[PDB]
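Heads up, this one has dihydrotestosterone in it.
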Amino acid sequence: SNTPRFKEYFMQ
Amino acid sequence: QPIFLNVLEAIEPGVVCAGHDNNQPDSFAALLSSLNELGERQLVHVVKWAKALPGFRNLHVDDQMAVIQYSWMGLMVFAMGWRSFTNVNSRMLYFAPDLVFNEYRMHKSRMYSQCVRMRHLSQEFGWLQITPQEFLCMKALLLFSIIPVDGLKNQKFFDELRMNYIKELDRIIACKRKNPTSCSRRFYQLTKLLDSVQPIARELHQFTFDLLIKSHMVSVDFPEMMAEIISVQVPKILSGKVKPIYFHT
Ligand SMILES: C[C@]12CCC(=O)C[C@@H]1CC[C@@H]1[C@@H]2CC[C@]2(C)[C@@H](O)CC[C@@H]12
């Protein structure tokens, strides 16, 4: 993913 | 039924502070660094709000993330305009309780023209006598108003959801109106207002992109998620790969 930080927060 | 509106009112984000030190001078660096921090803080609430919207989870998870990353600017500007209207009668821009823009800050922020447009948007809530219910439904629809020209992972699910939110806006209008001609006039007005958010968001997309590229040279700080989304998704909007969905030509 190009947005690993956003994805990590979203997936939590 | 009031179910849909009950939900929208229930999930509406509360007050969010920017953490701005109002004792420091109104410099470009200080103001924009605080606006960026406010953006990160509000982004967190947009994520939680969105995930709690009726039918949102029906979208493919990658599309869920994508629409939030494309529409956050419009969503936040629209909500800020409402706060400004209700708090300071659209007199100043009420970004946060601790970050209210006056004419001086509009100038120092170097986006005076964009602030002027945002103030115009804020005033529209007053001129059109927008109700809290109309505001809530319009804001929800903004989340579904910008997509890739080539489409989402599961475009059909998105098209169905968007249609249902337009349906809900139509219902909120027909709620207190017997005459169909008046409903048509109101719907025209609201869709025109919704469309007007996009050109403003576009100017802000351009501004924040250019700012991120030269942030190191102007001492402006960008939080992690903001820098991420602005360098990955915003350029897709500026290059035309992702476009807003307008009601009118
Ligand atoms: C969305 C925010 C922050 C949340 C809000 O109330 C609206 C406001 C509109 C201007 C944005 C700002 C976030 C940070 C940005 C994107 C700056 O980099 C330039 C334009 C700013």
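Heads up: chain A is whatever sequence line comes first, chain B the next one, etc. Using the PDB entry numbers, chain A covers 96-107, in order. Per the PDB entry, chain B residues shown: 670-918, in order. In each ligand, atom 1 is the first atom listed, and ligand 1 is the first ligand listed.
In this entry, more contacts with dihydrotestosterone (ligand 1) come from one chain than from any other, and the PDB entry calls that chain Androgen receptor.
For dihydrotestosterone (ligand 1), the other chains with a heavy atom below 4.0 Å are labelled B. For dihydrotestosterone (ligand 1), the heavy-atom contacts closer than 4.0 Å come from B:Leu701, B:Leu704, B:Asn705, B:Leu707, B:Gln711, B:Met742, B:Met745, B:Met749, B:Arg752, B:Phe764, B:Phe876, B:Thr877, B:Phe891, B:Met895.
In summary, the atoms of dihydrotestosterone (ligand 1) found under 4.0 Å from a heavy atom of B:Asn705, numbered by their order in the structure, are 14 (C), 15 (C), 17 (C), 18 (O). Dihydrotestosterone (ligand 1) places these atoms under 4.0 Å from at least one heavy atom of B:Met742: 16 (C). The largest share of chain B residues contacting dihydrotestosterone (ligand 1) lies in UniProt domain NR LBD. Proximity to B:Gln711 (heavy-atom distance under 4.0 Å) selects the following atoms of dihydrotestosterone (ligand 1): 4 (C), 5 (C), 6 (O). Remark: dihydrotestosterone (ligand 1) atoms within the under-4.0 Å shell around heavy atoms of B:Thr877 are 16 (C), 17 (C), 18 (O), 19 (C). Source organism of chain B in the entry: Pan troglodytes. Judged by heavy-atom distance, the UniProt 17beta-hydroxy-5alpha-androstan-3-one-binding residues in chain B that approach dihydrotestosterone (ligand 1) within 4.0 Å amount to B:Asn705, B:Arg752, B:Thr877. Within dihydrotestosterone (ligand 1), counting atoms from 1 as listed, the ones closer than 4.0 Å to a heavy atom of B:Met895 are 13 (C), 14 (C).
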Quick check for students: name every N or O atom pair between dihydrotestosterone (ligand 1) and the protein closer than 3.5 Å, with distances.
{"residue": "dihydrotestosterone (ligand 1)", "atom": "6 (O)", "partner": "B:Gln711", "partner atom": "OE1", "Å": "3.4"}
{"residue": "dihydrotestosterone (ligand 1)", "atom": "6 (O)", "partner": "B:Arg752", "partner atom": "NH2", "Å": "3.0"}
{"residue": "dihydrotestosterone (ligand 1)", "atom": "18 (O)", "partner": "B:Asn705", "partner atom": "OD1", "Å": "2.7"}
{"residue": "dihydrotestosterone (ligand 1)", "atom": "18 (O)", "partner": "B:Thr877", "partner atom": "OG1", "Å": "2.8"}

